[PDB]
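Drug bound: Taxol. Macromolecule: Tubulin beta-2B chain.
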Amino acid sequence: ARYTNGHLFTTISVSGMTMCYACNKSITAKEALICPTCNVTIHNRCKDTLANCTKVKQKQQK
Amino acid sequence: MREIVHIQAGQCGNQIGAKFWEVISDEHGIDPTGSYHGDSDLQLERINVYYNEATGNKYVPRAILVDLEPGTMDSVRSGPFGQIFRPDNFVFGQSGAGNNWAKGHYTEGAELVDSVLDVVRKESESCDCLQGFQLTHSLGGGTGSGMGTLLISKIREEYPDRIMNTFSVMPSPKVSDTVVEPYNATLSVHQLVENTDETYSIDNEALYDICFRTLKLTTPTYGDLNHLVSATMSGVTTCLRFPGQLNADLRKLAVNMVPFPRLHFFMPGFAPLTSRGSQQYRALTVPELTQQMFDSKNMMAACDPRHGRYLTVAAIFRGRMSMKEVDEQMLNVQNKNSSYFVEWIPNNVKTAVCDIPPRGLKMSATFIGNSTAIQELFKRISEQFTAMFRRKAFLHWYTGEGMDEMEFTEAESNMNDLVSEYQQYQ
Amino acid sequence: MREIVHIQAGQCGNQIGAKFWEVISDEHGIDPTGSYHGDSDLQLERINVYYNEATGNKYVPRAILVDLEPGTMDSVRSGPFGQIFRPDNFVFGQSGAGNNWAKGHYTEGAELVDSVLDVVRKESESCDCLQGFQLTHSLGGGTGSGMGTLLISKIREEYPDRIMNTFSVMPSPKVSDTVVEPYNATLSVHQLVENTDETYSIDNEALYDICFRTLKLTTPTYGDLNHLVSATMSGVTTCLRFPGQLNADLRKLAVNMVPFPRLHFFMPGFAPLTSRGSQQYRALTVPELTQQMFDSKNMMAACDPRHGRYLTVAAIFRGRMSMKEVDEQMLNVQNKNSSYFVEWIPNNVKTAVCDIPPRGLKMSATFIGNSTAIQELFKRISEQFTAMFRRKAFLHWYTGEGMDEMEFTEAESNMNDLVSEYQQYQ
Amino acid sequence: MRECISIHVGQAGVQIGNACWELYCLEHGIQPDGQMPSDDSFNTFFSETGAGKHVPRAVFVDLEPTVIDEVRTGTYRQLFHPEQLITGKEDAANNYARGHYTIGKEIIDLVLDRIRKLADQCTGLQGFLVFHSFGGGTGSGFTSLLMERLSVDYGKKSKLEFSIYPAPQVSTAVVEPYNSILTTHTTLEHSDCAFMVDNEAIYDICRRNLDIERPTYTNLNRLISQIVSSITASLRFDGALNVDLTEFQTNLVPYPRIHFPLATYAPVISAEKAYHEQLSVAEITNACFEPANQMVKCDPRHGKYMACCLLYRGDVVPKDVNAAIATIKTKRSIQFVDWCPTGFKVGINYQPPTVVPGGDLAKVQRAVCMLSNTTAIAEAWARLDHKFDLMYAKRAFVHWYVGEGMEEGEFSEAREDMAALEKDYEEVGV
Amino acid sequence: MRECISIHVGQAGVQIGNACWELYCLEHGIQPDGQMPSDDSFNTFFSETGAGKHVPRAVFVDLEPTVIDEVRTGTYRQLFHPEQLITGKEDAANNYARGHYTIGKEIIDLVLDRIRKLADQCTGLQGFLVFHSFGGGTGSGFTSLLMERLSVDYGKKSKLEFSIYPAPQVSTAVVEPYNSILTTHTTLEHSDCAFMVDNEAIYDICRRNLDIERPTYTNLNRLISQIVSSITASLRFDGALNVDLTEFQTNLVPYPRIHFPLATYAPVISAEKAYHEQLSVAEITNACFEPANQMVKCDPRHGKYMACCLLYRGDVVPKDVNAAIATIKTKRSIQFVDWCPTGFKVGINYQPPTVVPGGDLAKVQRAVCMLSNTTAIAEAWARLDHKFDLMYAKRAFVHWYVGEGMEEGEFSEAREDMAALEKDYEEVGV
Ligand SMILES: CC(=O)O[C@H]1C(=O)[C@@]2(C)[C@H]([C@H](OC(=O)c3ccccc3)[C@]3(O)C[C@H](OC(=O)[C@H](O)[C@@H](NC(=O)c4ccccc4)c4ccccc4)C(C)=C1C3(C)C)[C@]1(OC(C)=O)CO[C@@H]1C[C@@H]2O
Ligand SMILES: CC(=O)O[C@H]1C(=O)[C@@]2(C)[C@H]([C@H](OC(=O)c3ccccc3)[C@]3(O)C[C@H](OC(=O)[C@H](O)[C@@H](NC(=O)c4ccccc4)c4ccccc4)C(C)=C1C3(C)C)[C@]1(OC(C)=O)CO[C@@H]1C[C@@H]2O
Ligand SMILES: Nc1nc2c(ncn2[C@@H]2O[C@H](COP(=O)(O)OP(=O)(O)OP(=O)(O)O)[C@@H](O)[C@H]2O)c(=O)[nH]1
Ligand SMILES: Nc1nc2c(ncn2[C@@H]2O[C@H](COP(=O)(O)OP(=O)(O)OP(=O)(O)O)[C@@H](O)[C@H]2O)c(=O)[nH]1
Ligand SMILES: Nc1nc2c(ncn2[C@@H]2O[C@H](COP(=O)(O)OP(=O)(O)O)[C@@H](O)[C@H]2O)c(=O)[nH]1
Ligand SMILES: Nc1nc2c(ncn2[C@@H]2O[C@H](COP(=O)(O)OP(=O)(O)O)[C@@H](O)[C@H]2O)c(=O)[nH]1
Ligand SMILES: [Mg+2]
Ligand SMILES: [Mg+2]
Ligand SMILES: [Zn+2]
Ligand SMILES: [Zn+2]
């Protein structure tokens, strides 16, 4: 299906104060991606810039 | 005197037959009620060809309406001309064919077929001198593609000597309105190549092509396509319903145009066809009718005749014209297009002329052509079938009705045999 | 007999053709609705030269109307005489030439050339004995300069023996309405010199000069220029539409007027021309018509003939006039003006006399001159071309469509060759 | 003639039916209390009594009384036959084992009795329209229990289903994966064509197109009712290409087990937006193939279309359907499998879509309902089984199931079966 | 047939469009609500919907909601399609990086969808009419983002672009040179005809001819709208010499990159002045060529004319036109390049100019719009890059750009690229 860096990205309805996982900026639109394993959210414009799933999820476990 | 039995099968066949009854009742001056109201005696002279006389000077068509759903029967009976048929002739079940060839041929309408032949027998026995049968159906779907062919087989078994003349709307790739059309077509033409003596192959793509590029209709419905098909249907039987300079029975057409037994798949056409906005500018004389009649755009099948050569061709003119003129044009077309005709037949053109043109027209010309290019229609369907049958897709629905894959293989084998035969002489 | 197939291409060609049809329909007494309403039988005697007969005694022009924008076709169709044309020959695209010759010849017009040639085939087949083709176009812009030459090449290939006779409005320096006119003219004349047998040069500058100094129009529009061009357009074909003392077919014109194969570019003219306030003062007699006809101002090309000499002259008189008088005048003109005629042709003047003058006139005289002075028109455009091609200005638009600078070089080579041929005899 | 039996199970199914029969009554001009002021167009869904009363051909069942107590008291109290509104005593409590083995056991014999009585009034019965939810306790257990009997008593009759399927992120229960995983055996063995539907997809559709920021469940029901009405329009009305209910399955289903098509409807549009565009046949046809308009949260671009049925209704000319399908075919984004060169079934009906007077959906002269058997829906299952695997690894909530008469192994046997189904949709994708 | 898509970006572009669509609606007689009380003259700019409503073929985009919110509340609320009026969340803040890389990247996929749906309606599309400002953040970044996408999606179609350009003295922002120098890549590589205009020249025009001492931006927009209406007049109306949109470029553009003509209009005059003077063809033709009437503050005498397009509209005859250009050649002030001895493209249209009722422009029987590719515009670049060089020497404002995903080196590559363009405009001048 989709493994650009190595995980799923499915649409989520985004609200309130949020931040990209790569830009570390704020998302303005009401759309966002989300990996159910990595538990992140991105602009829809930084999908290829992230690391692979293994990197991000092993990072998330600090 | 050369009486014809009329049958319908499936939704397409029923609709086109209804429009055919429209056209020919208009020609004969028959009221919607069945009362005669025409102008000339020549309308009444051969009225027996299509209609049985009934008391009160009523006329009832010799039509057998067969369909496995009640919906289309209710549609025709509530139509502009539904009251004209005989109530006894509506033979129909309840459960639809489900676009399944096996359902029609073996399981569901195999019950209804016994009722159908008994009515057809009554109509045939009521006639003085039966000439042939004329059937309308469609090769897609399951109602037409199975029931029409089973009925063809039974009537052929009972009436081996009478002519059989079926009109067949059959699929095209870009105008496909059903997923399983290749299976149904390959199963139905496997019989049509055997039993029928003539088969008038029709195609929605060519009908829409004429509706757009020639008629310039903005929104053509199926009604206009049925009108176009019924035009040729009325044209071909013209020689045995009116006087003429050259009379040609359906048997005469078959004798001239069918060289070998199995190359009997026909390509029809019509002239004149004009857009309304341009009819005032055209001249309807013999030369331009002849030009338009042989145009590649004017034929009712998607196959371009320029990809093949004609075995034989028939021109049924109607109107008042010079015989010398018609002969000269039919020589000129065959001479200047000599590359597009088989040269092992010295003369490919057959001409007939009747004196009664269609109403509102001063002249008309119905075209029929037996061309090798028709193989492109028959190749393509097989090429579609090979896409599905190689992985047995959708086969459980057919095998649930007792059908076997060996019959599918044999049907495709007969397909490749027929297309090879058409290719051999090209 | 002697039918002419006429074609329109580009905005200017379409406009001049539209006026030309109105003028001749006035001559033949054809109503805007296409119904005949004329007085004399001589109008109907040779109606077939330009018009096909249609049912109800209507007459449709044998015109092929071609363009790459629908705007001109919308303008013509809603024009004074738009309804007369047959809708089928309105062949047109959607994206225009963009004043690009390569767009006309290779990319956009190459797709429509098949469509126009098909209709030209129908019109030519309807003819009994076709004589030649009669194309109206302009050498500026992209539609005319490209598509007219492409179609000329095609028709020349399919009809090598029939006359190709074109009328060309072509650039001038002080009345230029497009930056890229030199390129387009250089590319177009490279085809016209090879294919056409008669090309009638026309200049907007000279037409404005006629309007101002001779007609004394205060505000001459393009309609007046089209009127002036249409006058000679009708004049040249008069001998094959009306009887006369000396009948000169366009082939007979070509034989006398083209001493050598490529020197066929002609300068037209018309007489009488007077201001509407002074026509009461003139005497129209043949000597005065002759004097105005040979005046340098009277010719519709900017080339003043006094910087050159005449190879051949053709005077197509119309009306009832004295043959001895015409011969006397045409002898005295070439004798007293001997320095401006080539002495190696013993007689430089062809004369034809039709018995029917234009409507409203008692006598008329159409003028054709094959003169070396036309080289000035052929050498000025080249000096414009050499100005731009030396720095490759605007060539990216052309080379984007697959064109090459090599074809530009060959076109300019052929142009200087033609100028050299015209100069070699002066 | 051409009748259909509409069984509604679970709260979701019952409320969807409450919307659906509301839509039908407006369609055929029947009053909410069952009379008809002034064709047999209603004969498919309504049986007619001598008093001029049209009783629906429906059976409402729920093991708790609340929702059917509402319908028995609402405006449509007089529409339904009183004894086809069947209620139990104990709520299923979101447990497949209760709905199938213990509490749904008692009420099944009455439900099949009423279905038999409805069937005996039919002359030309065609199939079943079952409405239920995958997550619900009654919506899984009772539908399995009922279908196991229906497949043996009326085996030949086709069986059409309309299911609400668990979403990626939206979820209203914790054991939804178990309940769906147990409903899979029913939907595999004793079904013929079932339509998945997702709440979040319709939520996003209503947010984007209808411009409502926060809809309730009634909005979702008023679109699912529109879809089922579009399916049955060919059966209740005349048309250019009327599609039979068995023809429908013969086109949709390539293989015996591959019968889980997506469904979508167009033009889903508000009343204010509709005035500023034309809604031609080409536009609405292109609308169905966007991911923005699918009713299941899955990208069609990640799979291959296998079979698409386009049911046009209203002022649609077949020229336009032909031109639209050709335009769809030339696109390289919409990818079909190699072994189905035909692809598209087309039906055209002359009845325009009816707008519910209190509804939001605009009035339009045309509508197209697109149903697509496609491989992308496999990713929708690859989601949900992965939700199961984490829980059953711990034997998380199993004791409630096993405690109510369920065998433990049925869990594993369920998880195996979907592993065969999810395989097959990939296996045919080559 | 013969359609054009009008995209308006930035505050300046949006307000110019508000003037332009006000000028078109009155010219074709369309009411502000989109109806037409009573010939396909409007077909180029308006799409016609079956209710008898004309919707303009336009896309309004601004990354801050303010200006388009005014458009959505003003008199033209009912004219535009509500969804093609696109608004973002955050203002670009006069920053090329924010418009191009950061914020506009979210809305580009929506504006392209709008443009695609507009194009799918168009049967005979020709090109694009992009209106924007060089000084603005959106008007520089978003146009750069959008033109690159259009040049790959619709590479064959023309792209006409309309611009407000920084002036010598008048200016409203500090980093206008940065935004302009960054926009220069977009204009060079993905455009075919960009029309420069500046505020100061039109201000001086209104001071001298229109006799208004202190006008607003609306007065300038009511002249820019007149210029574009004159350009499209040959397309929307019949004429003696109709100039096609591609023919226009073929006469304007001599080299691939020299595509920045000046624009000017005549007779710009007040209602009081016109009664005292005739305004024949010759005088308006002369009126185009003085330095006073240029819309960019440069002296044409300093640069050689390369190509001129005179679009006359109204009661004009070709005789007078040819007479006037004869004199314009006869001058020693209206100089030209040696390698273009034709020079003048001429178009003539029969429709007189339309006067807006509240405008301060007089009614006149004749009008002429002169659009001139000339070398003098190079001086205008020689100005603005010198404004860049002083600031970039200190890295004066750079940290804002680099903070939003912009590479530093792209500044130098921009300054490099303009050094090639100003060279080219000089290199052809010999
Ligand atoms: C003044 C005039 O020219 O009227 C014509 C006409 O305009 C044209 C365009 C007619 C017209 O046909 C159509 O518009 C048409 C549309 C869709 C499909 C088929 C036809 C006409 O309707 C058709 C009609 O034809 C007939 O009446 C024939 O007898 C035909 N029967 C019927 O059409 C018919 C209609 C209603 C009920 C029953 C029959 C027929 C054809 C074949 C064999 C036997 C009979 C005619 C003369 C005309 C009109 C009325 C405009 C054309 O039809 C025929 C069959 O001649 C279409 O091109 C031809 C050429 C004609 O010029
Ligand atoms: C009383 C009288 O002398 O009337 C003349 C006339 O005054 C003059 C000035 C006419 C007149 O022509 C013009 O004023 C004119 C203006 C602009 C462009 C061209 C012509 C006349 O309009 C032109 C018109 O000519 C014709 O009718 C010819 O047959 C001509 N056909 C048309 O002009 C025509 C107009 C509208 C529609 C259709 C045809 C023709 C020419 C060559 C070949 C075939 C036909 C005539 C009799 C006159 C008027 C009316 C004043 C002249 O025209 C011709 C061709 O004869 C212009 O100089 C000549 C000499 C005439 O004396
Ligand atoms: N679209 C829609 N979904 C509903 C509605 N009501 C319930 N659901 C869905 O149904 C799912 C839960 O199933 P249940 O409500 O438990 O169905 P049930 O058969 O009553 O289950 P039990 O109460 O345990 O018997 C959830 O995904 C709900 O979103 C409704 O009115 N509209
Ligand atoms: N003629 C005219 N010029 C305007 C108008 N509005 C703004 N401008 C000019 O446009 C230039 C500034 O551009 P901006 O207004 O910042 O464009 P922008 O895209 O909205 O800027 P951002 O908000 O940062 O995206 C200045 O030279 C202004 O003079 C107007 O209404 N008419
Ligand atoms: N010319 C014409 N073609 C039709 C008509 N109705 C259906 N068709 C076409 O013919 C084919 C016949 O299929 P169909 O009759 O529905 O299946 P069946 O009833 O089981 O035989 C359809 O797929 C359509 O493509 C009609 O009324 N006129
Ligand atoms: N006599 C006359 N000349 C015209 C007319 N229209 C245009 N012209 C001139 O002829 C030339 C033809 O150019 P044009 O046809 O517009 O370009 P094209 O459409 O690409 O062939 C113009 O440059 C004008 O100088 C007209 O109506 N009558
Ligand atoms: Mg419940
Ligand atoms: Mg702004
Ligand atoms: Zn980001
Ligand atoms: Zn991940």
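Here is the naming used below: chain letters follow the sequence lines, and residue numbers restart at 1 for every chain. In listed order, ligands and their atoms are each counted from 1. What you see below is based on every heavy atom in this structure, not just the backbone, and it leaves out hydrogens, waters and symmetry mates. Only a part of the entry is shown; contacts are counted within it.
- For Taxol, the full set of ligands or chains is ligands 1 and 2.
- Counting only heavy atoms under 4.0 Å, the other chains near Taxol (ligand 2) are C.
- Measured from Taxol (ligand 2), no other ligands or ions fall under 4.0 Å.
- For Taxol (ligand 2), the heavy-atom contacts closer than 4.0 Å come from C/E22, C/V23, C/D26, C/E27, C/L215, C/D224, C/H227, C/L228, C/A231, C/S234, C/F270, C/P272, C/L273, C/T274, C/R276, C/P358, C/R359, C/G360, C/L361.
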